[PDB]
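Opening remarks: the structure here includes ertapenem (bound form).
In what follows, every chain begins at residue 1, and chains take the letters A, B, ... in the order their sequences are listed. Keep in mind that the numbers below use all heavy atoms, side chains included, and drop hydrogens, waters and symmetry copies. For ligands, and for the atoms within them, numbers begin at 1 and follow the listed sequence.
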Amino acid sequence: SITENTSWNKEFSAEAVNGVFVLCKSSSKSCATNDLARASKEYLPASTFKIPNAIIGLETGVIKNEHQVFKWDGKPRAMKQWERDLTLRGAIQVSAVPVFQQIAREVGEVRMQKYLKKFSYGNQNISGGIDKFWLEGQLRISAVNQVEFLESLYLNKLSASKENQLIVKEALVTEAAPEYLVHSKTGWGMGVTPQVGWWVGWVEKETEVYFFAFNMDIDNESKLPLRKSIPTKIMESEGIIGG
Amino acid sequence: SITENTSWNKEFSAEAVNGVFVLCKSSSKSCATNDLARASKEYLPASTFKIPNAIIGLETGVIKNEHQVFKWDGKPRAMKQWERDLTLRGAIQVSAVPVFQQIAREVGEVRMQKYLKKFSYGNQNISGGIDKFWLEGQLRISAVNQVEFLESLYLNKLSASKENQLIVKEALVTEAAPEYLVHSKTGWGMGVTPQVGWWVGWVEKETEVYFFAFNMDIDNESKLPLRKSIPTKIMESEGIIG
Ligand SMILES: *C(=O)[C@@H]([C@@H]1N=C(C(=O)O)[C@@H](S[C@@H]2CN[C@H](C(=O)Nc3cccc(C(=O)O)c3)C2)[C@@H]1C)[C@@H](C)O
């Protein structure tokens, strides 16, 4: 029942990129997209996988609780922003891949498989190595499936404790005003061709809720801000951002 | 022992503010204040009482859950900002008193009394009527006590489920930045003299956490923003926010 809104395409052509936005009001039963085909196409999740990985980390006890500090061992990491002790929120905010690869390692394949099945997480293919599958492996998930998973998270309906779902929700908050709250997560998947850029999340505005998932083909770093600006312009046209 | 930091008085001086800031790193065992006497003095909590009231409401069942919508009945309310449907977070963040009056009535005197004893909340005096004790009744709490209560909340150590503590915690998020996160709640107690203004909460930056409570006398309504600006300037100067 997802509907196509072809006018949204102008926000993609204005920036010379290919991609999809899916936007649902209230539930995943009222969704619209600029491109019906791509809305259902599955792409490497990259750093958006920190959302399930975090929940799974808490459920399995690998992450002890919300106050867990991920200590840096001092050995060098691929970005300087990652070279420091991090909270769960901090590790999510900076997209600290090494923290999550250690989480995945301790969770292990059999349990990670079990959770991705419970979560109906895309093609649930975690081959490509326990700490790499969402980065250069065979895992793939669509914008539509992202929206469905995030709706279950918002509702505390994933197969995980309410407490753990709440902890991860707080960690994902990226904008806050009295009657406007955004939970969101970016991704940039360099380990696939073409590279994929993601922005997924949900907006609570007054008493309404909107689920969203965006992805695009990324040539390189310079186009990364479009992951937020294109969704922002669509949501503005829909009356979500302003008043 | 809480230490006195006279220096902070400089931020109170230009605006002639009579007030106190309490700021603790990691725990309420490591606190400082500009004014030891005022730090421990108890003031009417006004809208800051929405924090325990929300938790009590959830713990009793009076508040259904995180997703409960508080419908406006169309009858005029004291503030236009309150004349709409509100989520729990909305009701807390716009300080929608009538929503919390109804919650308090449904909680009731016996339960409310017991939870303030469990939370060690100030003087625990709820006389004045069940729906006005924190507005114009006799309940009073100090800045030090606000910090101790907020620390317990942070740590999920109040006598309430971890889930209900977590619900209220997300409801208190007020600033979400890449480097830090702020949970806070304002208050303006117009039902006492002098009028009291509050800002209480905590800040998480890097791997550290700081609890804070600020109050001041409000000589007039134009001085209201000082309830955030003075403690923000102090916490900015120490590196806690920014
Ligand atoms: C995930 O897909 C991927 C990440 N995603 C990235 C991206 O979106 O660019 C990079 S890491 C990313 C780049 N910008 C942020 C950042 O540094 N922000 C930030 C936020 C809060 C605080 C601070 C700070 O205090 O320094 C910084 C992180 C990477 C390619 C994985 C799979 O590689």
**Request:** Determine the main partner chain of ertapenem (bound form, ligand 1) by heavy-atom contacts under 4.5 Å and name it as in the PDB entry.
**Result:** Beta-lactamase
**Other chains closer than 4.0 Å to ertapenem (bound form, ligand 1) by heavy atom** = A, B
**Request:** Provide the residues lining ertapenem (bound form, ligand 1) within 4.0 Å, heavy atoms only.
**Result:** A:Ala46, A:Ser47, A:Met79, A:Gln81, A:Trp82, A:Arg84, A:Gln93, A:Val94, A:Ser95, A:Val97, A:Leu135, A:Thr186, A:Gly187, A:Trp188, A:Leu224, A:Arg227, B:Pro178
**Request:** State the covalent attachment site of ertapenem (bound form, ligand 1) as residue and atom, or none.
**Result:** A:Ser47 OG
**Atoms in ertapenem (bound form, ligand 1) with a heavy atom of A:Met79 nearer than 4.0 Å** = 11 (S)
**Request:** Specify the source organism of chain A, per the PDB record.
**Result:** Escherichia coli
**Item:** ertapenem (bound form, ligand 1) atoms in contact with A:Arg84 (distance to a heavy atom under 4.0 Å)
**Value:** 24 (C), 25 (O), 26 (O)
**Interfacing atoms of ertapenem (bound form, ligand 1) (cut-off 4.0 Å, heavy-atom, A:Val97)** = 31 (C), 32 (C), 33 (O)
**Message:** Suppose I only count heavy atoms of A:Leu135 and a 4.0 Å limit; which atoms of ertapenem (bound form, ligand 1) are within that range?
**Reply:** 32 (C)
**Residue B:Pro178 vicinity, atoms of ertapenem (bound form, ligand 1) by number, heavy atom under 4.0 Å** = 20 (C), 21 (C), 22 (C)
**Prompt:** Can you find an N or O of A:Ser47 that's nearer than 3.5 Å to an N or O of ertapenem (bound form, ligand 1)?
**Reply:** yes
